[PDB]
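Drug on board: piperacillin.
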Amino acid sequence: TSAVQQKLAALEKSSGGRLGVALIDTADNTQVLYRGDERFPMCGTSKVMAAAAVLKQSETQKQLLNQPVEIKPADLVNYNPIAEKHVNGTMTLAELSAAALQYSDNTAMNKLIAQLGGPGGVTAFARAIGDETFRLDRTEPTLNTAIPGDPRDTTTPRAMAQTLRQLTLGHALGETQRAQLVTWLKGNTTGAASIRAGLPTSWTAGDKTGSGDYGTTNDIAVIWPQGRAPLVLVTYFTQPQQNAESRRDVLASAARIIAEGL
Ligand SMILES: CCN1CCN(C(=O)N[C@@H](C(=O)N[C@@H]2C(=O)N3[C@@H]2SC(C)(C)[C@@H]3C(=O)O)c2ccccc2)C(=O)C1=O
């Protein structure tokens, strides 16, 4: 048990919930894990895998991202800030990817899932890039039930960090596609209270949040510290009761412990 791991355990102790952390410092490829191999509900953090899978398809079905997708009134789910504006019209797969990632639009996510042939199509992409842990089982919004002990729509912090590294800094995607993914993550609108809130102001980052029942509060990020090689950081958090409140502050604290321990 390292000093950083002990600090994360202390944070978890006062948090009321269960915390999972995985850092990969590309300066030396070292990792810092806390409950790194335990499963957590991904919620919206799964949107990165879906968008990346569509980016991979676009490497060979070249005009895929410009392909229109019909948005019907019945497609709308619980949170669709972008899709609702296009009901009875269309959005391209690039628009759907941007909406899913940057606004966490759930209807947009469902269109990515549908393009991939269902939740299993997202899992299939995960397997193709070496992630044997990730599993997407349901569409939005039920993939957010986040029931303790339920393996559906879960992953481990270790697996997600390795995957995010491969996708954003490695070669799981073509160069243009990796750049597009990084651009989308950097333009996220929903992350300032999470991982980012625990980083020095001078650092830059891209991230994708997730939230669900059981006060499930997640964030996965690629970070560029001042004067350092990039980091990949996953912070997952989930609580014992279905109606628990969101705790983005716990993710921010975890990120601060990680930054202070570099
Ligand atoms: C079948 C019954 N059932 C299961 C429970 N459930 C949900 O927990 N959905 C969450 C959700 O959609 N989360 C998606 C997600 O992650 N993103 C989007 S929304 C967001 C911007 C808060 C978030 C982000 O980026 O942080 C959600 C959480 C917190 C408040 C409202 C909704 C349902 O939706 C649902 O219907």
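What you see of chain A is 27-288, where the numbers are those given in the PDB entry. Any value given below was found using the heavy atoms of this structure, including those in side chains, with hydrogens, waters and symmetry copies removed. Method of determination (from the header): X-ray crystallography, 1.5 Å. Remember, it's 1-based here, ligands and their atoms both numbered in the order they're listed.
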> From the contacts in this model, which chain binds piperacillin most extensively, according to the PDB entry?
Replying inline: Beta-lactamase
>> What residues end up in the site of piperacillin at 4.0 Å, going by heavy-atom distances?
In response: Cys69, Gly70, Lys73, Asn104, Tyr105, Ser130, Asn132, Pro167, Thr168, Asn170, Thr171, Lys234, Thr235, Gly236, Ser237, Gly238, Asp239
> Under 3.5 Å, N or O to N or O, is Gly238 touching piperacillin that way?
Replying inline: no
>> Under 4.0 Å from a heavy atom of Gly70: which atoms of piperacillin are those, numbered in the order shown and with their elements?
In response: 15 (C), 16 (O)
> Under 4.0 angstrom from atom 2 (C) of piperacillin, is there any protein heavy atom?
Replying inline: no
> What's the shortest distance from atom 25 (O) of piperacillin to any protein heavy atom, and which residue and atom give it?
Replying inline: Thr235 OG1, 2.7 Å
>> For atom 34 (O) of piperacillin, what is the closest protein heavy atom, and at what distance to 0.1 Å?
In response: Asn104 ND2, 3.1 Å
